[PDB]
Structures are given as C-alpha cells and as structure tokens.
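All residue numbers given for chain A refer to the PDB entry; the residues shown span 4-125, 127-261 in order. Excluded from the calculations below are hydrogen atoms, water molecules and symmetry mates; all remaining heavy atoms, backbone and side chain alike, are included. Whatever order the structure lists them in is the order used to number ligands and atoms, beginning at 1.
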Amino acid sequence: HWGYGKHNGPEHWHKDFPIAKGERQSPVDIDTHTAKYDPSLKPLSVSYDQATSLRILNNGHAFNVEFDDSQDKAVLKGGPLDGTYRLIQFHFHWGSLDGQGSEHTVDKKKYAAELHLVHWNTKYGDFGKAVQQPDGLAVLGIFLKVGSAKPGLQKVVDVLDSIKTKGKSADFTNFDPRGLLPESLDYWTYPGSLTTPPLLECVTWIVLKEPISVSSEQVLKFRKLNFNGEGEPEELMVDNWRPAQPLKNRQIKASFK
Ligand SMILES: CCN[C@H]1CN(CCCOC)S(=O)(=O)c2sc(S(N)(=O)=O)cc21
Ligand SMILES: [Zn+2]
C-alpha cells in the first residue's frame, strides 16, 4: 500500500496509478514575475456563518475534520467560478523541521505547513459523482509560518491525544472555521489535480498570498502523532508532502496588481 517512506513513496506511485505522469498534475512552483494580472476576475465570496461540524479522525495519512452537507449552509462562490460549491472537510500537511513542510512553493521558498479546505459543485447531485468530471471540485489553500500564536487553532490541538493512532475517532461539534482566515483575500489560480492517489484531474486551485502565524509549541503537538495502528511499532507522522511537478501546458493568473 502507498505511503511516504523509502520503499513506497512519491517516486513509486506511477506503477499502480499511471496518470501520475499526465498533463495537469499538482503541486507546482509559482513564479511571481511571469504571472499575468487579469482585470476581469471577481472578488471571492466566503459564507461560513451557518456551518455544522460533526467529528475528527486519524486515517493513517493525516487527520480530518468533517461537516454535514445535506443542505446549503457553508458555501463558496465568485472568483474564477460559475456556480455554487458546498464544503465537506479540512486537513493539513507538515515537516520534521521549521524549514520544510508545504506542497506549493513561492519563487522556490518553502513554508512550515499548508492548510486545505475542500468543496464540490452542486449541479452534479453528490460528492462521488462530482470527482469524475473536469470542473467537479474547488480547493482553497493557505500557508503557515512560525511566530506568535493563533487563538482559534487551540481547540483542535487539545484533542489530539485521544486519536494518536490509525482508526480512531471522537465527537467534535460547534467549531467555527472563520477563525483560521487571514486579513486579505487576494489570490493566484490555475487548473490541476488531487495531490494523493487516485490523483484524478478534476480540480480548480485557488491559493492565498498572505500567510498566518502559529507558535512553536502548537506545531510541536502535530509531530507527536503516529502513522501506525495500536499495538504495532512506532513510526512518527512527519514529512507527508509531495514535491513540485512540471508546468507544461499552463499559465497562472493573478487578481492583484
Ligand atoms: C487520502 C485520500 N485523500 C484524497 C481523497 N478524497 C476523499 C477522502 C474522503 O473525504 C470526503 S478527497 O477527494 O476528499 C481529497 S482532496 C485532496 S487534496 N490534498 O486537497 O488535493 C486529497 C483527497
Ligand atoms: Zn491536501
């Protein structure tokens, strides 16, 4: 089974999933000097005032927080999109030192971690049907750096010792995602895919320019988790990111001058 080690990491994935060498793969490096400003784009519209969270889980690859998507309650629209996209889950990727951790890079620079918020297009009915189409998903990414603490992240870090190993879950209600966003909403955008297998080419990426700050005691807690199951040898959950792939066919656009 796939993973991030010496014998089953990124350089091996193509043997079971051939699309790994396709024409619109992610992540990539963003060169700020080549990107072109586009004056016809529209501002982003984020409406999370009615969100209902349910549970938190460790899946062997990272940890995820889930929401109830049976009605329009937390949605994303505008920007380069046409239509309405509904929120289903969020997760993170990080490193073993403060100098590495993120998947996307800026003029060759790497940050300590990267946060991903996932949404699907309502015209298709539900989630499973949407991942099989070219314009099915929309993912919003935000960078993390080490400095002062972020108040709204604390409730997540205090529950981690109850889901240490693979297969564990716990109740997690009334959490508000508006507390993890920066001041400004200016961005970059291009067409791509998922960053872990099955690697399907169904995503419209939207990456924010301004990062958020967290303390060293907070990211320390992330590194104490495990990749293995209860009653098995200990392997620490660190360095779970895929590196930069070829641009080829595409061009990147910016909403700011
Ligand atoms: C471990 C498998 N992770 C996949 C599969 N997915 C199904 C998980 C059930 O949750 C609904 S997913 O479509 O949600 C999604 S989004 C991304 S990313 N890193 O944002 O590009 C990876 C994935
Ligand atoms: Zn991700």
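Counting heavy-atom pairs under 4.5 Å, the chain with the most contacts to ligand 1 is listed in the PDB entry as Carbonic anhydrase 2. Looking at ligand 1, one finds the drug brinzolamide. Organism for chain A, as given in the entry: Homo sapiens. Of the residues that UniProt lists as binding Zn(2+) in chain A, those with a heavy atom under 4.0 Å from brinzolamide (ligand 1) are: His94, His96, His119. In chain A, the residues contacting brinzolamide (ligand 1) fall mostly within the UniProt domain Alpha-carbonic anhydrase. Neighbours of brinzolamide (ligand 1) among the ligands and ions, at a cut-off of 4.0 Å: ligand 2 (zinc ion). Using a 4.0 Å heavy-atom cutoff, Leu198 is listed among the residues neighbouring brinzolamide (ligand 1). Atom 22 (C) of brinzolamide (ligand 1) is approached by the protein to below 4.0 angstrom, counting heavy atoms only.
At the shortest separation from atom 14 (O) of brinzolamide (ligand 1) among protein heavy atoms lies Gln92 NE2, 3.4 Å. For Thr199, a nitrogen or oxygen atom sits less than 3.5 Å from a nitrogen or oxygen atom of brinzolamide (ligand 1), counting backbone and side chain alike.
Taking a distance limit of 4.0 Å, we find that atom 5 (C) of brinzolamide (ligand 1) is approached by no protein heavy atom. Heavy-atom distances show that, of the substrate-binding residues UniProt gives for chain A, the following lie under 4.0 Å from brinzolamide (ligand 1): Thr199, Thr200. Using 4.0 Å as the threshold, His94 has a heavy atom nearer than that to some atom of brinzolamide (ligand 1). The shortest heavy-atom distance from brinzolamide (ligand 1) to a UniProt active-site residue of chain A, with that residue, is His64, 5 Å.
Heavy atoms under 4.0 Å from brinzolamide (ligand 1) belong to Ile91, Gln92, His94, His96, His119, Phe131, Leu198, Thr199, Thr200, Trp209.
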